[PDB]
Amino acid sequence: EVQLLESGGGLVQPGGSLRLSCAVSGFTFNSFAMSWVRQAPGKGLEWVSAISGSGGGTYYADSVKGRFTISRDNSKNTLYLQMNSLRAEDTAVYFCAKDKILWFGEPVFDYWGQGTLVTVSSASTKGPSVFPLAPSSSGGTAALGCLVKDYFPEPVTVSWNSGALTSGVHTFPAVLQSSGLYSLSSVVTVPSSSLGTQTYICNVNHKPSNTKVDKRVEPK
Amino acid sequence: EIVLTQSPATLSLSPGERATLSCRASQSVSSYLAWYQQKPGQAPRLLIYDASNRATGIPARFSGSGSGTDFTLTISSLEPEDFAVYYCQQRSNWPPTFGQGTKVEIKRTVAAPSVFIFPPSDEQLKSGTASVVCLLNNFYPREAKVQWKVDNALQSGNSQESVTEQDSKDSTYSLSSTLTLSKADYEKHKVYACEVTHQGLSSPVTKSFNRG
């Protein structure tokens with residue numbers, strides 16, 4: 001029943017500021033110290049900051065002292081991280097985390113937020129193009145997909161048939177092209193028979209650019 | 001601050017095997033040592049707290065032991081869903097620090113790739129660039145070679161690969177290779193082929209199409 005729901009991630013210019021929030025439910029928020037922990041892409045976990053239940057006590061990692069502030073609104077069951085003077089090294093997925101232990105000792109984390117990506121870059125947001133992936137014109141299993149090209153920053157989300165199609169779906173890790181824009185593909189394998197009856201729509205969402213595309217993939 | 005060194009950096013074992021992961025501290029952390037499991041795209045999941053205690057709802061196949069400077073996380077019988085990065089974390093001294101992680105890959109039996117090829121869409125061709133996509137679906141092990149040929153001419157430097165994370169249920173991988181051409185170069189040639197070499201194949205497999 002414990003839930004930590006994070007908000008505020010996205011693209012921010014270097015030197016800029018950005019606030020993350022973490023709204024909790026399912027436990028008595030003000031009884032527990034909370035922390036922020038971050039993870040640069042492809043790297044390990046690094047603790048960022050901690051705040052006591054009340055919280056009149058705060059602790060910071062040396063790498064963020066003086067430019068990050070952790071805070072909480074207990075009446076709103078919400079934890080905050082207000083960041084300043086951001087640099088490329090601050091690009092990371094940020095997690096909020098609940099201390100399993102009571103009081104304001106050093107924590108071990110029993111519940112975590114879903115994480116949200118903060119991308120520190122001066123490059124501009126760019127929505128993707130979505131193209132269909134269909135064979136030239138074969139066997140009992142058909143591969144279909146859509147290619148999501150030329151977007152920045154990460155991430156995009158891809159669903160199929162508004163989430164009704166999940167089995168056999170492979171959404172590939174994005175690849176950084178030489179242009180500095182990302183590209184990925186999402187594929188699904190289905191029965192060849194179902195191509196004559198079932199419709200296949202891929203739903204691409206790029207929140208940094210407010211882009212929501214639904215591309216029908218049909219045999220060409 | 002206290003440095004946690006995990007070993008081995010990577011570990012590959014089959015389901016049903018016992019897995020033993022080590023975490024060594026630069027100085028004693030007493031019993032103030034936790035273990036987390038992190039699957040791709042997910043937050044870490046607490047497995048063990050204060051060296052030896054299972055967190056709520058953690059199945060009995062996960063156990064922890066050790067003290068002072070040496071600690072062990074054990075998975076008594078691996079499952080395919082246990083593919084993940086495992087981190088140790090100390091809370092003896094501020095700041096709380098994490099190890100660099102042990103990546104556990106689940107071995108399975110050899111599975112040959114299913115190879116598909118996709119020509120560029122007409123929509124993309126009204127843009128000047130052509131992307132040809134070759135898909136290698138549901139194979140193991142992860143190592144595979146993809147070679148592109150355009151009119152039987154081997155391509156170099158104009159393709160990019162992406163590999164999915166290991167599947168949590170059947171432990172396979174999928175791979176995409178995208179060949180990027182100019183529309184002019186694409187329209188100048190006929191046969192587009194991707195040739196795949198993989199341990200599960202007796203001989204390399206070629207998938208091709210003709211533009212038109």
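Just so we're on the same page: letters track the sequence lines, and every chain starts at 1.
In this structure, the drug modeled at chains A and B is daratumumab. The PDB entry names chain A Fab heavy chain. The PDB entry gives chain B the name Fab light chain.
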